[PDB]
Amino acid sequence: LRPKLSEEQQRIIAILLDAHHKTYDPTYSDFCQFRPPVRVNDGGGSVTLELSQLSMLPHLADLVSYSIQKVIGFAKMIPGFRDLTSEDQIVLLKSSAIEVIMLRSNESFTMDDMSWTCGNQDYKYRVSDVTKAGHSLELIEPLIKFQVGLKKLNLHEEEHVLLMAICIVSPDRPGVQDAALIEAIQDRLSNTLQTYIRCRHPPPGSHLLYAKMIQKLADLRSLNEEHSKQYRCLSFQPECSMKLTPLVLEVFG
Ligand SMILES: C=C1/C(=C\C=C2/CCC[C@]3(C)[C@@H]([C@H](C)/C=C/C=C/C(O)(CC)CC)CC[C@@H]23)C[C@@H](O)C[C@@H]1O
């Protein structure tokens, strides 16, 4: 059976599409306002050098901070999000923030050269730029693998925004008070996505896609954990906090 999207489901999708268009600039016209990217000579990928300089940390910290502000705006527009207590809202935003950033970044990721291209050469981020920000291959390599796998699913924008919404409203986040409400909200998003795929998504791969999408959410949890480990070590570097921003410090600190 392939039931049609209900009126409510169509409206949910329309709201999510609109929320993403208001919170995701595909021209990347605000990036010049961030602290400029600085790329030093580190051909050897020296952990010591990278840690002593962190030349890309200020720029990427601003990009991530800017993105967190956009994700918050996006979340507030998710049907049902505002019915939760602010306490539960904060908990969900903090624990999913980096996952949504990795998800939403897929839009700027290109398989031409395995990089995130955001306009001109100055705003093209490769593996080497991330190591210059203080992170190691243990997080970077799986991150790239994740980006390629997500790209290959060739998701419609409707499925892309539904996945980010589902990612944010997870009942199994450490610290949630009303897990039942959150689960109710997530199920409504999940059924919408499942219905949309069977309904609007053409073959090959008509089915299976949902499972593949749910699996990516699991993958994210792992990246979340690894990023968290590396951020901690990174905060051990003296004078590091000044290279970040208050928002990043509170969300990952
Ligand atoms: C943000 C974006 C973005 C790209 C994302 C990138 C490319 C550079 C390295 C990033 C930022 C990784 C990287 C491992 C995370 C780095 C974060 C560093 C910190 O640990 C702070 C969390 C130190 C500053 C995660 C996503 C990825 C560009 C646009 O698509 C909008 C999106 O919305």
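The first residue of the sequence shown is numbered 1, and numbering continues consecutively from there. For the numbers below, each heavy atom of this structure counts, side chains included, while hydrogens, waters and symmetry mates do not. Start at 1 and go down the list; that is how both ligands and their atoms are numbered. Per the header: X-ray crystallography, 2.5 Å.
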(request) Specify the chief binding partner of ligand 1 in this model, using its name in the PDB entry. (result) Vitamin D3 receptor
(message) Help me out - what's the drug at ligand 1 named?
(response) seocalcitol
(request) Define the binding site of seocalcitol (ligand 1) at 4.0 Å using heavy atoms, by chain and number. (result) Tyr24, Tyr28, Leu57, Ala61, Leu63, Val64, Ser67, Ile101, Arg104, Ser105, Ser108, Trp116, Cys118, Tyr125, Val130, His135, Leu139, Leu143, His227, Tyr231, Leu244, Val248, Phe252
(message) Show the atoms of seocalcitol (ligand 1) that are less than 4.0 angstrom away from any heavy atom in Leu57.
(response) 23 (C), 24 (C)
(message) Wondering about overlap here: which UniProt-listed calcitriol-binding residues of chain A have a non-hydrogen atom under 4.0 Å from seocalcitol (ligand 1)?
(response) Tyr24, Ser67, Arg104, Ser108, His135, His227
(request) Look up the UniProt domain of chain A with the most contacting residues for seocalcitol (ligand 1). (result) NR LBD
(message) Can you name the atoms of seocalcitol (ligand 1), numbered from 1 with element, that are less than 4.0 Å from a heavy atom of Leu244?
(response) 24 (C)
(request) Enumerate the atoms of seocalcitol (ligand 1) whose separation from the nearest heavy atom of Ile101 is less than 4.0 angstrom. (result) 1 (C)
(message) Is there a polar contact, in the sense of an N or O pair closer than 3.5 Å, between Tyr231 and seocalcitol (ligand 1)?
(response) no
(message) I need the atoms of seocalcitol (ligand 1) closer than 4.0 Å to a non-hydrogen atom of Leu139, numbered in the order shown.
(response) 14 (C)
(message) If you measure every N or O of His135 against every N or O of seocalcitol (ligand 1), does any of those distances drop under 3.5 Å?
(response) yes
(request) Could you tell me whether some N/O pair between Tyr28 and seocalcitol (ligand 1) is separated by less than 3.5 angstrom? (result) no
(message) Among all protein heavy atoms in this structure, tell me which lies nearest to atom 9 (C) of seocalcitol (ligand 1), with the distance rounded to 0.1 Å.
(response) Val130 CG2, 3.8 Å
(request) Heavy-atom contacts with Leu143 under 4.0 Å: which atoms of seocalcitol (ligand 1) show up? List them by number with element. (result) 12 (C), 14 (C)
